[PDB]
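Here's the structure we're looking at; comments come further down.
Residues: numbered from 1 along the sequence shown. Note that these values count all heavy atoms, side chains included, but never hydrogens, waters or copies made by symmetry. Remember, it's 1-based here, ligands and their atoms both numbered in the order they're listed.
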Amino acid sequence: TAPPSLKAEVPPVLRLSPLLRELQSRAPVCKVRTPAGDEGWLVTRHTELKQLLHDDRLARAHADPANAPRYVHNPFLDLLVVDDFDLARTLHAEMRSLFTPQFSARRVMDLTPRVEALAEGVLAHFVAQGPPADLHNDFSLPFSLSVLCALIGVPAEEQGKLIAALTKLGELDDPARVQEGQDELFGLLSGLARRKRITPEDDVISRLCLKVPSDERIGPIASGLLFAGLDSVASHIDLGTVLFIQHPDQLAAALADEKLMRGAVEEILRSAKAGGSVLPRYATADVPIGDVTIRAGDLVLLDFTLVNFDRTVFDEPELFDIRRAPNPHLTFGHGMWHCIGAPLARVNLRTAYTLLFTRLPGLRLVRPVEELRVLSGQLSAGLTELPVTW
Ligand SMILES: C[C@@H]1[C@H](O)[C@@H](C)/C=C/C=C/CC/C=C/C=C/C=C/C=C/[C@H](O[C@@H]2O[C@H](C)[C@@H](O)[C@H](N)[C@@H]2O)C[C@@H]2O[C@](O)(C[C@@H](O)[C@H](O)CC[C@@H](O)C[C@@H](O)C[C@@H](O)CC(=O)O[C@H]1C)C[C@H](O)[C@H]2C(=O)O
Ligand code: HEM
């Protein structure tokens with residue numbers, strides 16, 4: 001297969017696939033065939049990813065968005081792209097000025113007692129019947145979701161439908177099912193905005209109303225935030241928990257020392273996914289990078305965790321070392337595109353690991369890790385299940 005194809009099934013969890021390892025050793029920027037069947041440029045190395053994150057010729061913009069080369073087939077992902085390059089710039093700037101104040105240090109610090117309290121409640125439900133239990137579906141997802149709902153302003157009576165609607169939102173190669181969850185989610189969130197415009201509450205939707213006069217527009221905006229943080233946080237709770245099970249003496253040191261726990265969270269972010277953490281861009285003009293020229297209109301695949309195994313940056317990247325320092329991973333991106341939820345994601349993760357392992361020090365897998373499976377055909381795909389006992 002020339003160019004190499006990315007849809008090479010799914011590698012085992014917590015391991016860098018042979019395909020991606022050879023692509024990275026081959027060149028910093030590689031032409032590949034995407035899961036959707038089109039052609040794209042995979043950025044494989046740390047320095048080149050950083051450079052492209054700071055190059056204003058990469059954008060969520062294309063002269064013909066409907067016909068542009070695709071990474072995967074998903075209409076919700078397609079909503080990030082507009083056909084006017086000036087409009088793409090101003091929309092991106094606007095979105096960052098809307099969202100950045102919601103994740104200030106004061107706000108995340110102030111939310112933290114609430115985050116810890118939500119973790120405690122989810123844990124009670126997770127352990128209520130004793131072991132074994134599914135860490136993914138009965139702790140990681142409900143905890144990740146309850147935090148996002150508390151911050152965004154989704155009441156309890158609607159959180160039950162969210163996991164379902166958000167699941168069908170991420171489905172690949174089924175535009176009709178993505179449209180269903182899109183309909184259901186956009187209608188739910190914009191109705192909340194209509195209410196909170198009249199009766200403001202301490203949540204993000206209420207504060208978005210003060211700068212976004214359209215309730216309709218708050219639908220996709222809020223949906224973006226939820227989808228950006230739900231599976232991303234949940235899957236890192238899952239995989240970080242496995243990494244800790246596999247490295248008990250490092251887990252013991254992280255539990256005894258908060259600074260070591262912060263380092264451990266960073267090492268889990270660096271290494272848990274081990275490639276495949278791709279978001280797309282398009283070139284709006286020719287971009288020379290490494291020894292190739294990305295052409296205007298071309299698809300560019302930014303893989304934010306493949307670069308965390310770049311041997312020219314990380315010594316022994318395949319080893320889990322919570323004391324790794326410095327730890328310049330790019331899991332949250334960089335620059336003008338840097339993940340706005342990163343401070344919240346970090347609090348969620350250290351809250352989860354701290355609570356889980358102090359309450360359940362015997363946590364272990366029910367079956368060998370080789371038997372875990374990632375859901376297929378899913379944007380932001382996580383484990384089907386994570387059975388644990390304690
Ligand atoms: C300007 C507009 C307009 O006015 C309005 C009218 C339009 C709004 C448009 C809304 C549509 C939003 C787009 C969502 C797409 C998500 C794709 C996720 C893909 C996830 C990928 O997954 C893969 O999939 C493959 C198939 C599998 O083979 C792989 N093994 C793997 O699983 C990679 C996963 O990514 C990360 O997860 C983080 C991502 O979430 C981030 O945090 C959000 C980034 C992005 O979402 C930012 C937006 O979301 C912010 C949004 O808010 C913008 C916004 O409204 O602007 C408003 C103001 C973390 C996971 O570790 C990583 C992972 O899994 O490795
Ligand atoms: C461990 C969990 C998470 C990871 C690994 C992660 C990763 C990322 C990455 C790599 C990007 C850059 C995407 C690109 O350049 O196209 C990004 C952007 C973004 N993330 Fe996250 N994220 C996480 C959690 C969250 C959470 C919890 C939220 C919201 C509560 C969030 C909201 C956003 C937003 C709004 C953007 C768009 C920034 C922009 O377009 O300039 N993320 N995230």
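According to the PDB, the drug located at ligand 1 is nystatin.
Most heavy-atom contacts to nystatin (ligand 1): the chain the PDB entry names NysL. Set against the non-hydrogen atoms of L279, the atoms of nystatin (ligand 1) under 4.0 Å away are 17 (C), 18 (C), 19 (C). The shortest N/O to N/O separation between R217 and nystatin (ligand 1) falls below 3.5 Å. Checking only distances, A228 does come within under 3.5 Å of nystatin (ligand 1), N or O to N or O. For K273, a nitrogen or oxygen atom sits less than 3.5 Å from a nitrogen or oxygen atom of nystatin (ligand 1), counting backbone and side chain alike. Short contacts between nystatin (ligand 1) and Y71, defined as distances under 4.0 Å to a heavy atom of the residue, involve ligand atoms 25 (C). The entry attributes the source of chain A to Streptomyces noursei.
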